[PDB]
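Next structure: contains lopinavir.
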Number of protein chains: 2
Amino acid sequence: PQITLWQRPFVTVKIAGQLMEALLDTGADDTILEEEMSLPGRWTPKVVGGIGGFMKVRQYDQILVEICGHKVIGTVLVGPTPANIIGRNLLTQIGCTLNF
Amino acid sequence: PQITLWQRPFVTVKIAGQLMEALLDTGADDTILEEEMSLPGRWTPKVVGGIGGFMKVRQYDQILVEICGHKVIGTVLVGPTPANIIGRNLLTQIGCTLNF
Ligand SMILES: Cc1cccc(C)c1OCC(=O)N[C@@H](Cc1ccccc1)[C@@H](O)C[C@H](Cc1ccccc1)NC(=O)[C@H](C(C)C)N1CCCNC1=O
């Protein structure tokens with residue numbers, strides 16, 4: 001699809017059998033999911049800095065993400081973010097471009 | 001142009017005779033420039049919340065922004081952001097779409 005930006009660019013994603021909406025975010029290097037997201041297995045501590053300051057997150061490697069049905073695999077961060085965010089690490093795998 | 005997302009999507013912008021680079025950010029509702037940015041005239045207090053928390057900003061209305069040479073006019077926030085960010089309020093005016 002081609003998506004205009006008059007509204008926030010949310011899409012439905014399925015991760016580890018769970019459904020959620022996440023923002024397609026060209027300003028994000030990394031993908032981050034909300035605190036209540038349950039991913040199994042080991043993780044590594046990471047800190048993410050946005051506008052406002054920094055927050056501690058859990059880094060999960062090799063997570064399968066189904067983004068508008070497209071299947072991709074990458075690193076997913078989990079922490080106390082206000083919204084689920086799909087960052088460039090996954091946007092590149094769905095062939096996402098900015099056009100104008 | 002069409003821009004891929006293997007790298008951060010920075011573009012050059014000119015605002016109030018000053019040049020800077022700014023991130024094209026679909027995850028941002030609003031446009032925010034770094035604390036050292038000098039805009040003339042009246043402004044209104046606003047607070048922006050990102051990942052990490054919130055920060056106090058100045059809201060300037062009807063600012064002319066030249067984005068990749070395109071001319072657009074909109075609200076611009078100025079505060080202690082780590083990077084200049086072009087949000088959807090301006091991205092819509094340059095006909096910016098996400099494609100995949
Ligand atoms: C949502 C919003 C509403 C009104 C006004 C503004 C400016 C708004 O956006 C603020 C905002 O932080 N949006 C983020 C996503 C957002 C949407 C909704 C709520 C909260 C946040 C994101 O798009 C931009 C922001 C840019 C940035 C900040 C600091 C250093 C470098 C880059 N990017 C990041 O925080 C990313 C994260 C998300 C992986 N990030 C973290 C560090 C390393 N690099 C990097 O890419």
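Per chain, numbering begins at 1; letters A, B, ... match sequence-line order. Both ligands and their constituent atoms are indexed starting at 1 by order of listing. All values below come from the heavy atoms of this structure, side chains included, with hydrogens, waters and symmetry mates left out.
- Of the chains near lopinavir, the one making the most contacts is recorded in the PDB entry as protease retropepsin.
- Other chains making heavy-atom contacts shorter than 4.0 Å with lopinavir: A, B.
- Per-atom contact check: atom 27 (C) of lopinavir does not touch the protein, criterion being a heavy-atom distance below 4.0 Å.
- Numbered from 1 in the order shown, with element, the atoms of lopinavir that lie under 4.0 Å from a heavy atom of A:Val48 read 41 (C).
- Heavy atoms of B:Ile51 found under 4.0 angstrom from lopinavir belong to the backbone as well as the side chain.
- Residue contact check: B:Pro82 has heavy atoms under 4.0 Å from atoms 29 (C), 30 (C) of lopinavir.
- When only interatomic distances are considered, the shortest N/O to N/O separation between B:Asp29 and lopinavir does not fall below 3.5 Å.
- Per-atom contact check: atom 17 (C) of lopinavir touches the protein, criterion being a heavy-atom distance below 4.0 Å.
- In the vicinity of B:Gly50, heavy-atom distances shorter than 4.0 Å reach the lopinavir atoms 12 (O), 20 (C).
- Taking every heavy atom of A:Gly49 and a limit of under 4.0 angstrom, the matching atoms of lopinavir come to 29 (C), 30 (C), 35 (O), 41 (C), 42 (C).
- Contact annotation for B:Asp30 and lopinavir: heavy atoms of both the backbone and the side chain come within less than 4.0 Å of the ligand.
- With a 4.0 Å cut-off on non-hydrogen atoms, B:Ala83 does not touch lopinavir at all.
- The residues lying within 4.0 Å of lopinavir, counted on heavy atoms, are A:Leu23, A:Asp25, A:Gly27, A:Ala28, A:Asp29, A:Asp30, A:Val48, A:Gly49, A:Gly50, A:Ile51, A:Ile85, B:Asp25, B:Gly27, B:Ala28, B:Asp29, B:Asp30, B:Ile32, B:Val48, B:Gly50, B:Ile51, B:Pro82, B:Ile85.
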Which atom pairs, nitrogen or oxygen on both sides, join lopinavir and the protein at under 3.5 angstrom?
| from | atom 1 | to | atom 2 | distance (Å) |
| --- | --- | --- | --- | --- |
| lopinavir | 23 (O) | A:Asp25 | OD1 | 2.9 |
| lopinavir | 23 (O) | A:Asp25 | OD2 | 2.8 |
| lopinavir | 23 (O) | B:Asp25 | OD1 | 2.8 |
| lopinavir | 23 (O) | B:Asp25 | OD2 | 2.6 |
| lopinavir | 33 (N) | A:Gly27 | O | 3.1 |
| lopinavir | 44 (N) | A:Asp29 | OD2 | 3.0 |
| lopinavir | 46 (O) | A:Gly27 | O | 3.2 |
| lopinavir | 46 (O) | A:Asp29 | N | 2.7 |
| lopinavir | 46 (O) | A:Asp29 | OD1 | 3.4 |

